[PDB]
*Asks:* 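This structure shows sildenafil in complex with cGMP-specific 3',5'-cyclic phosphodiesterase.
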Amino acid sequence: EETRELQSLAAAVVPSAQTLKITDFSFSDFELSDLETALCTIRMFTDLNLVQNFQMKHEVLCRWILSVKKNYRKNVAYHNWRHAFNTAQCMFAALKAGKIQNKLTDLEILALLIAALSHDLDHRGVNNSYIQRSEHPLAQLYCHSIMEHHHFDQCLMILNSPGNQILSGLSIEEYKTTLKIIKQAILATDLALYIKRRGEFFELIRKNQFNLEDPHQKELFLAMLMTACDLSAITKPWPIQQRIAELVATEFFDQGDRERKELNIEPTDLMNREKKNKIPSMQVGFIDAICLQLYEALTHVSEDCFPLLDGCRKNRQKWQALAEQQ
Ligand SMILES: CCCc1nn(C)c2c(=O)[nH]c(-c3cc(S(=O)(=O)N4CCN(C)CC4)ccc3OCC)nc12
Ligand SMILES: [Mg+2]
Ligand SMILES: [Zn+2]
């Protein structure tokens, strides 16, 4: 009974952020039950003062959180509720412990937490291995971020659902602003857009021109932050990263088997279940080509975000050792 779950959530006591450990970049959700992750999400809206500043009703927030959780497919190995929850938790830790909070407006923080929780809504486990698709000479020919547009539509749908309207207390303007920020934040999770815009972001930082008052730079930064949180599984303590890496591998292999039957093509190592031995080398490659630069750049933005980078490096060292097969 969906109602039974709601009644349980809305009536439970929400433990403190400290007890929940949602402030740690090292936070893990493995020992938490769905109910507990929901309680964590409430603590996130509360401690970021979103419930207060936007007068959200307890029951309505609980319902919205349960609706979001419900619209994720538990059958998809990695891109499910737990990934979205972790993304939001990383966003919370970055805002608080990473001190990104005071560099943003209350609306932007509102949009970011909502986006982090809704960016992979109704994901089917389809991943695009062609990571350079945004830089191809004809990139403008194949519509980009199709699924991300779907995730947002889903996000918007749930926000406008009777009893789930956590943004009802906003003005007509505040609402419009918040929805635009959310849409961009969600679209930013298309890794291709990260590849396309990171160069610009890195340079602004390298040359000391970074300026969050410039709306264009604020938007670029929000996109980079979304990516940072989205990939943060790669920064977790070794044992946790290993398990998360398995889930990612499993969703890849599932696609490989699915495409073999539907497209009559054999999978590349990335999506070949018989190639688990090549995972560590690929992780090192993923880290070097995609992660390190992002977390390093974020550390320049705020030194307190350093632990994400640090955790990432430690994992590189772990995966590398395995790559060399001890
Ligand atoms: C879409 C999944 C993004 C992602 N998140 N996380 C935490 C990981 C990860 O740990 N590894 C990989 C990953 C990336 C590449 S990649 O850098 O070569 N590249 C191709 C595949 N796309 C989807 C990502 C980029 C190759 C293998 C990977 O997982 C190995 C188990 N992707 C993600
Ligand atoms: Mg996505
Ligand atoms: Zn994601």
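In this chain, residues are counted from 1 in sequence order. Determination method: X-ray crystallography, 2.3 Å. Side chains included, hydrogens not; waters and symmetry mates left out as well; all remaining heavy atoms used. Just follow the structure's listing: the first ligand is 1, and inside any ligand the first atom is 1.
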*Asks:* Enumerate the ligands or chains belonging to sildenafil, duplicates included.
*Replies:* ligand 1
*Asks:* Which domain of chain A, as defined in UniProt, supplies most of the contacts with sildenafil?
*Replies:* PDEase
*Asks:* What is the closest protein heavy atom to atom 4 (C) of sildenafil, and at what distance does it sit?
*Replies:* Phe286 CZ, 3.9 Å
*Asks:* Got a protein heavy atom sitting under 4.0 Å from atom 18 (O) of sildenafil?
*Replies:* no
*Asks:* Name the closest protein heavy atom to atom 22 (N) of sildenafil, giving the residue it belongs to and the distance to 0.1 Å.
*Replies:* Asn128 O, 4.1 Å
*Asks:* UniProt 3',5'-cyclic GMP-binding residues in chain A with a heavy atom under 4.0 Å from sildenafil?
*Replies:* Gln283
*Asks:* For atom 1 (C) of sildenafil, which of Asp288, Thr189, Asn127, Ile279 has the closest heavy atom?
*Replies:* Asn127
*Asks:* Looking only at distance, does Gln283 have an N or O less than 3.5 Å from an N or O of sildenafil?
*Replies:* yes
*Asks:* Which heavy atom of the protein is the closest neighbour of atom 3 (C) of sildenafil, given with residue, atom name and distance?
*Replies:* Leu231 CD2, 4.1 Å
*Asks:* Among UniProt active-site residues of chain A, which is nearest to sildenafil, and at what closest non-hydrogen distance, rounded to 1 Å?
*Replies:* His79, 4 Å
*Asks:* Starting from atom 24 (C) of sildenafil, find the nearest protein heavy-atom neighbour and note its residue, name and distance.
*Replies:* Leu191 CD2, 4.1 Å
*Asks:* Using protein heavy atoms only, decide if any is under 4.0 Å from atom 29 (O) of sildenafil.
*Replies:* yes
*Asks:* Below 4.0 angstrom from a heavy atom of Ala233, which sildenafil atoms are there? Numbered from 1 as shown, please.
*Replies:* 7 (C)
*Asks:* Please could you name the atoms of sildenafil that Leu270 approaches to less than 4.0 Å, counting only its heavy atoms?
*Replies:* 20 (C), 21 (C), 26 (C), 27 (C)
*Asks:* Looking at atom 2 (C) of sildenafil, what's its closest protein heavy atom, distance included?
*Replies:* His79 CE1, 4.1 Å
*Asks:* Mind listing the residues near sildenafil? I'm using heavy atoms under 4.0 Å.
*Replies:* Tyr78, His79, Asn127, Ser129, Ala233, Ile234, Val248, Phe252, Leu270, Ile279, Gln283, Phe286
*Asks:* Show the distances, to 0.1 Å, for all pairs joining an N/O atom of sildenafil and a protein N/O atom that are shorter than 3.5 Å, listing one pair per line.
*Replies:*
unit_1	atom_1	unit_2	atom_2	d
sildenafil	10 (O)	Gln283	NE2	3.1
sildenafil	11 (N)	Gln283	OE1	2.9
sildenafil	29 (O)	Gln283	OE1	3.2

